[PDB]
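Structure with MRTX1133 present.
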Amino acid sequence: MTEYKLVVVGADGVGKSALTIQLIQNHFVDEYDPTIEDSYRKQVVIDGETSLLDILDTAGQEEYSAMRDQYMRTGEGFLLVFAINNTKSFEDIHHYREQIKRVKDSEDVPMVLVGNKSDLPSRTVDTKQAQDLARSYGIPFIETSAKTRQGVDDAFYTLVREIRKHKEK
Ligand SMILES: C#Cc1c(F)ccc2cc(O)cc(-c3ncc4c(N5C[C@H]6CC[C@@H](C5)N6)nc(OC[C@@]56CCCN5C[C@H](F)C6)nc4c3F)c12
Ligand SMILES: Nc1nc2c(ncn2[C@@H]2O[C@H](COP(=O)(O)OP(=O)(O)O)[C@@H](O)[C@H]2O)c(=O)[nH]1
Ligand SMILES: [Mg+2]
């Protein structure tokens, strides 16, 4: 079986944990403990290959130690998550991408930009704004709802496929 280390990053409250649990357990958990950082495993067949996804759902205090740097460096691909009704969480994406680039020592790291909470009508981040950011980064952009499950599988599997591409270069 091939193992993939995925890391889900982004501001508090954007739905990182909801997305992760939807993928793992196939249901929407509304108010999952905002402080728990943990990793979750799922076995799935993707494009004919049996794969073990090890998903780190990030949380907790903002700190920049060598210990945390090495922890994050073990990730092979990153989901950058913002909420489409929270402009600050979108503006924070630059920060998260630069910290990834810093610890991986590379500008070519598999990443996918996710705009979550698409089920809401109160949108503040334009789809064109978000797409344009992803195009300048050269990475895929997918809008999701952990509540309705729209796009969840697609976001995670697109990241797996990006990692496969990057290993085949
Ligand atoms: C992630 C990651 C992260 C990566 F992807 C990659 C490498 C990393 C290497 C690190 O050593 C460490 C990280 C790492 N761990 C936690 C962070 C964190 N906490 C506060 C809340 C919001 C999420 C959760 C975790 N709880 N928060 C903010 O950024 C916050 C903001 C708001 C106040 C000040 N800053 C700077 C920007 F303005 C945004 N960054 C964080 C960070 F970089 C890394
Ligand atoms: N309407 C809606 N609410 C969501 C969605 N994803 C998460 N939530 C809610 O957003 C809040 C924060 O989500 P959580 O998964 O804890 O975010 P995290 O801090 O990034 O782990 C919770 O009340 C969730 O139930 C979504 O796709 N749609
Ligand atoms: Mg969480």
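Along the sequence shown, residues are numbered consecutively beginning with 1. Structure determined by X-ray crystallography, 1.7 Å. Counting starts at 1 for both ligands and their atoms, following the listed order.
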Exercise for the section: Please list the parts of the model that make up MRTX1133. Expected result: ligand 1
Problem - Main binding partner of MRTX1133 (ligand 1), per UniProt - result: GTPase KRas, N-terminally processed
Problem - Check: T58 N/O within less than 3.5 Å of MRTX1133 (ligand 1) N/O - result: no
Practice task
Could you tell me if any non-hydrogen atom of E63 lies under 4.0 Å from any atom of MRTX1133 (ligand 1)?
Solution key: yes
Problem - Region of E62 that comes within reach of MRTX1133 (ligand 1) [heavy atoms, distance under 4.0 Å] - result: both
Exercise for the section: Compare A66, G60, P34 and give the one whose heavy atom is closest to atom 25 (C) of MRTX1133 (ligand 1). Expected result: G60
Practice task
Define the binding site of MRTX1133 (ligand 1) with a non-hydrogen cut-off of 4.0 Å.
Solution key: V9, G10, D12, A59, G60, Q61, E62, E63, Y64, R68, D69, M72, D92, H95, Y96, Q99, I100, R102, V103
